[PDB]
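Bound state: Fibroblast growth factor receptor 4 + roblitinib (bound form).
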Amino acid sequence: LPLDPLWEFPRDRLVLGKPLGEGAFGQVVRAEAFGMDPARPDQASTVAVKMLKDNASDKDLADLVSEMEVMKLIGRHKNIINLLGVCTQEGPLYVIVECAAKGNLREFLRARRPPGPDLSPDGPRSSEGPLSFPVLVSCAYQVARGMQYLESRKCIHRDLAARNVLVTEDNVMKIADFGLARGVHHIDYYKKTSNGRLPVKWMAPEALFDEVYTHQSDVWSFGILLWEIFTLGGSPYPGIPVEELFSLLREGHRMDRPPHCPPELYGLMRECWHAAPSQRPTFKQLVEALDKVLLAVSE
Ligand SMILES: *C(=O)c1nc2c(cc1CN1CCN(C)CC1=O)CCCN2C(=O)Nc1cc(NCCOC)c(C#N)cn1
C-alpha cells in the first residue's frame, strides 16, 4: 500500500482494546488514539479501528482497502461514522473511524423500552420510559439527514437498518458501514445472522428481485428503519418466514401500522414502500417531512 500523508496515522499512537465484533468484512475493535488532533499531541481520544482477521484473503484486503478509499472521498457529516485516519505502513491495515459508545440503534431501542405494568410504582414517573416521542422522531430525522448526505456524495448504503445505525455518547445518530463491498450477487436470502436477523426484510423489491440498487432502494430500507424505530427495535414482518415474504411482496403486502405510532409516521413508512421507486420520497423530502413533525412536537 502507498503512503497517504493526508490520512496516515502512527500505529504506535494507537492502543487497541476490547473487540466490538467481527463479520464478513473483518473485525471492529475499540481503541484509544493519542494526538488525533495534531495541535494536541498527547491528548487521548476514543476511536474505533477497522481491520482484517487472521484468516483473510487478498480479496478481503481489497475489500477493506476499498472501504478505506470510499471514506476518504465522502467527507465529513455529523450523522455518519467518519474516517479519522489510517495505518498502511510497516504493519497490518488499520482503518481508524469514529466511535459510538452506545452501540447500534436497534439494541439502543430494545434496551430502552418502557417498563411493563408488572413493575411497582416508585417515584413520580415510574411509568415514564427513557424514550419519548420527539426523541424517536429526532433519531429518524438524523438518519435521514446522514442518508441525504451520503446520497449527495453518490453513495448507496445497500443495507440500511437500525443495526447499521450507531449511537454516540451524546445520543447522536451515525450511519455505519456505508462503504462496504456487500457482494450483492450472492446473497443468501434465507440465512439468519448469529443475532437472528434476516437482512432480506430490508431489501427493496427491485433489489431483491431485479438485483437493482438505487438511492430509492435505501429510501425503502429507510422505511423499514422507521418501522424499527417506532417499535423500539422490533423485527420487521413478524413471524413471517422468508418463503412467505417472497409471495407476499409479489402480492404487494405491507407491514401493518405498529402500536403507539401516529398516522403521520406510518404514512411516511408507506410512502417509502411504494412499488415504483420514483414514487417514494427522496431523502431530501424525508428530511423536510420529518423536520416539520419534529418542529411541531418541540416547544
Ligand atoms: C468506542 O470505541 C466505543 N464503542 C463502543 C463501546 C465502547 C467504546 C469505547 N468506550 C467508551 C467508554 N467506555 C466506558 C469504554 C470504551 O471502551 C462499547 C459499546 C459499543 N461500542 C461500539 O459499538 N462502538 C463502535 C462500533 C463500531 N462498529 C459498529 C459495528 O460493530 C461491529 C464502530 C464503527 N464503525 C464505531 N464504534
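All residue numbers given for chain A refer to the PDB entry; the residues shown span 454-752 in order. Each ligand, and each atom within it, is numbered from 1 in the order the structure gives. When reading the values below, keep in mind they use all heavy atoms of this one structure, side chains included, and skip hydrogens, waters and symmetry mates.
Most residues of chain A that touch roblitinib (bound form) lie in the UniProt domain Protein kinase. The deposited structure shows a covalent link between roblitinib (bound form) and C552 SG. The binding-site residues for roblitinib (bound form) (non-hydrogen atoms, 4.0 Å) are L473, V481, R483, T499, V500, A501, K503, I534, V550, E551, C552, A553, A554, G556, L619.
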